[PDB]
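Figure: metformin in its bound pose on cytochrome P450 3A4.
The alphabet sets the chain names here, A first, running in the order the sequence lines are given. The numbering of chain A matches the PDB entry: 28-259, 270-279, 287-496, in order. Shown for chain B, in order and in the PDB entry numbering: 28-259, 270-279, 287-496. Whatever order the structure lists them in is the order used to number ligands and atoms, beginning at 1.
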Protein chains: 2
Amino acid sequence: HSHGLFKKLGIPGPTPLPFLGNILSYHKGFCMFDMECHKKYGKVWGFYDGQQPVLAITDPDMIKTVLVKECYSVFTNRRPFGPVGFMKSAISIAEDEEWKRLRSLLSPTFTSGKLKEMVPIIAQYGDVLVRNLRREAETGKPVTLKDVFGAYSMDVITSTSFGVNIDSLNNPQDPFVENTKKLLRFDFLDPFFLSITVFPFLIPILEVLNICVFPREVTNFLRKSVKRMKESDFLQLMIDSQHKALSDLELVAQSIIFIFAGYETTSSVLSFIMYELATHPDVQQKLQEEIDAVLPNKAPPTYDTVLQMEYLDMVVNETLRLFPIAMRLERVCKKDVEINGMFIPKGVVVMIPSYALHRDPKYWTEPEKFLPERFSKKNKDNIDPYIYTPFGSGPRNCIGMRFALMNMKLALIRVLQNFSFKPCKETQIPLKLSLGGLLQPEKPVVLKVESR
Amino acid sequence: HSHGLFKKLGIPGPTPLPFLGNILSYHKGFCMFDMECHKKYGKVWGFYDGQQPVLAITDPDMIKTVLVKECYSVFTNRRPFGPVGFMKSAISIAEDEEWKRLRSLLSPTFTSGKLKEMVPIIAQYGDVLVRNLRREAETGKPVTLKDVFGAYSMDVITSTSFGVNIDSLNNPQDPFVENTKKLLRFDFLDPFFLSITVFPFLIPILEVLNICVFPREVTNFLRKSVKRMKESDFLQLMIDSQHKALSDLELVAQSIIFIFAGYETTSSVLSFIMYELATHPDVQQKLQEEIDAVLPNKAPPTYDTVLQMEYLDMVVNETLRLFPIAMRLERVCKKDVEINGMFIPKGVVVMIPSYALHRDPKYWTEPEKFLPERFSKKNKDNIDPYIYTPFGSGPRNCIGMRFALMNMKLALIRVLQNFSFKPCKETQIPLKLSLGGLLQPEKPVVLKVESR
Ligand code: HEM
Ligand code: HEM
Ligand SMILES: CN(C)C(=N)NC(=N)N
Ligand SMILES: CN(C)C(=N)NC(=N)N
């Protein structure tokens, strides 16, 4: 789509260069670029990912219309992002009707009822984490969060997905661990992804040469492994629903996409939270005290005891305001429409700048401050769920939201129950976000760990 | 080739943007861009046509080494420019050995001896031009130069190439005229050519889909027509040489490339010259008087009488200084080399900025002034043939140089012998060069024509 579009609609934005559009402006990252735009164009604005017109919108009403109201009719899909092969059938990648059919099939698989049943199995890998954390903190050495939580994230993933019970930290050898480690989030600012943003006409070329964003060796192993398992957790609940019709290949797709969506995310948010606890020892203390008041003398966490903890919730939700790892929510516009008096022409990408809104003065007091109290029950009724969107909104939000909260909360409970986390000379203060396309820390967070 | 190259060699130039390199700087045209660079970087400099490193060089010595000395060993070829199909065999497109073989075969076809024989046949279409010029100036109407000279250029081309004698102006119907009209110079700043400069990886794709810069319908007509002619001028002289071996397809290639190279060029320089004569009526007069002193009372021009005319030559050569329609000379570097102490790495494009040098103060007094006197025999020994290069230099210069001068000179003699050319209200004063990639006037030159 040519570069006249936003002039002809009369929408402000940075003047695009030929071929590139505004990509060079990503040298700061999606996160800063989005702020600067909000700051200087106001409430609504447009830019070009190559030839692709992207309309940022920041009106809570409009957001709700896009994310909630017209989701089924107009704004159903995310923007295509690269050669995906069979993963076109993964719920997060799938489109229109085929997506609605898959969302319906998998919805009951993420019931609180089912979650409740998985708690005992997630709980088990708190004990494991604790154990691994004991040894390596008892050494006196500064721990690397990403590897500690990564190993935990996958421990909870392999076990809740495939029933395969492993100690990821003490089994790097295991074939099943080697592969799921490579299932990382894509950095859409790296050279591969920038290129196909500027050469989208290359996606079909790549499709045909069998090249795929989901590495073939990993996808092969997991399909051929689900092949065996099926011959004799999430796998099961899916097997059990066999429009309607979850098919064979559709099932492996989901299995894989649940790993993709949950692994580096969970472990990534967990890191950010421990960083905030270590740099705010008062918040750390207050939580450690709430946990003891509910689970006295290292009592094991449970579904209900987890949902009892206001301060925990406050800390988790406050960390997500600052570090909304999705950064943006997007939908592609299926047809010409008028939303809250605004004309959106077919093919444009509607983008909601979650990270920017999460840090907008209009909604937030001292937005840069880690301040769990914003989420206290007697002072959160003024938080707009269309401004605060770490899991998106509407029929296409994070299907694994409640699973990811519970899982994280179980990590933190066991970890804080046994330990305290502290600053160091390598600990970067304050934290500085990476310049690429993932919301991660520039240098992976290292902290000191002690036995309580 | 990445954008580190000229930093790592320590050569100055404009900082390239990613993917584009310096192409946006072409919004002024090759002509201004080259000046500004010379003006601000000095004698030698580098820029990037997309990912393609281009080394401009302006030292007469270096130029001579590139264009003359190392031509056969290092700098033999021009830069590839697009899908060419069978025209890869045209002498101007052909490479290395295959080029040297074709240059050798066609050299004797451009002897002054052969030229001499074609004079009577070119001469004939002076009479024709005159005739067409009589009528349409006798109307009192302002004449369009490009159509007057275009029609003449092709009249001289069809007849010296294929023996086909036509009145192009009064035969637009003729199949043979319809096609050769479309054989225009390529504008390497237009969208097609800019794209394949930034997507050179697209040339092979285009080759395979049979798409070609030389339009297929025109190339088809000329091949199938040379097909017949051969069954029963330049065609003949080529037929007669049937390494060695001019082949069938190689022959049609040349036939076509001679049309391509001579048609819009000749007519384009001719326009520029009449513009200068009309805006400098003294120079016009002085020439009209030289012509009469050699060819008294409209006597018909001949080879020797044409070569007698110092002032004519002076006017033709002076107009070419200002309007060197090639603009640049280029060679691709076959291997790493050191030329006059300068390291040129393999694959770089050596570019000589003819138009810029033609207007460099260091060599030229009041460079913007149309001043035929710079070329007078008693004041031209200080003109460096490596600064003044309207036909390039060395073994790969314009093979049709002497033909094009003679042909032009025969146009001008007959035209000035019968007429005078004058300014008008539509005549742009002074002339402003186009912003694209051909050195042509922005608005096609219109002048008034009278009977002497
Ligand atoms: C803290 C961890 C997590 C965060 C912050 C997170 C956030 C998000 C966000 C922002 C979206 C996009 C929603 C939208 O477009 O409006 C999303 C989609 C999704 N998430 Fe998560 N997520 C996390 C963990 C998980 C986990 C554990 C799963 C487990 C299966 C999961 C599965 C998905 C799926 C399948 C989608 C796509 C839904 C669809 O297209 O219908 N996520 N997530
Ligand atoms: C005023 C008219 C003309 C001008 C200014 C002109 C100028 C040039 C220039 C600058 C080159 C490039 C030389 C180099 O790379 O160093 C060239 C090449 C060439 N010209 Fe012309 N030319 C004109 C008319 C003609 C005519 C009538 C022919 C007739 C056949 C012709 C045939 C060629 C050919 C074949 C080449 C390529 C030579 C090779 O690659 O070996 N030109 N011309
Ligand atoms: C969870 N997945 C796979 C996404 N759709 N990506 C995202 N925006 N979080
Ligand atoms: C005559 N031809 C075809 C060229 N090589 N182009 C040019 N630079 N004048």
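- Looking across the whole structure, one can locate metformin at ligands 3 and 4.
- By chain letter, those with a heavy atom nearer than 4.0 Å to metformin (ligand 4) are B.
- The B/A305 neighbourhood of metformin (ligand 4) comprises atoms 1 (C), with distances under 4.0 Å to a heavy atom of that residue.
- Close approach to B/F304 involves these atoms of metformin (ligand 4), each under 4.0 Å from a residue heavy atom: 3 (C).
- The entry attributes the source of chain B to Homo sapiens.
- Distances shorter than 4.0 angstrom do not occur between any heavy atom of B/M371 and any atom of metformin (ligand 4).
- Ligand-side atoms of metformin (ligand 4) in range of B/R212: 1 (C), 2 (N), 3 (C), 4 (C), 6 (N), 7 (C), 9 (N), range being under 4.0 angstrom from any heavy atom.
- Taking every heavy atom of B/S119 and a limit of under 4.0 angstrom, the matching atoms of metformin (ligand 4) come to 3 (C).
- When hydrogens are left out, the protein atom nearest atom 8 (N) of metformin (ligand 4) is B/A370 CB, 4.1 Å; that is the closest non-hydrogen contact.
- Residues of other chains with a heavy atom under 4.0 Å from metformin (ligand 4): B/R105, B/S119, B/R212, B/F304, B/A305.
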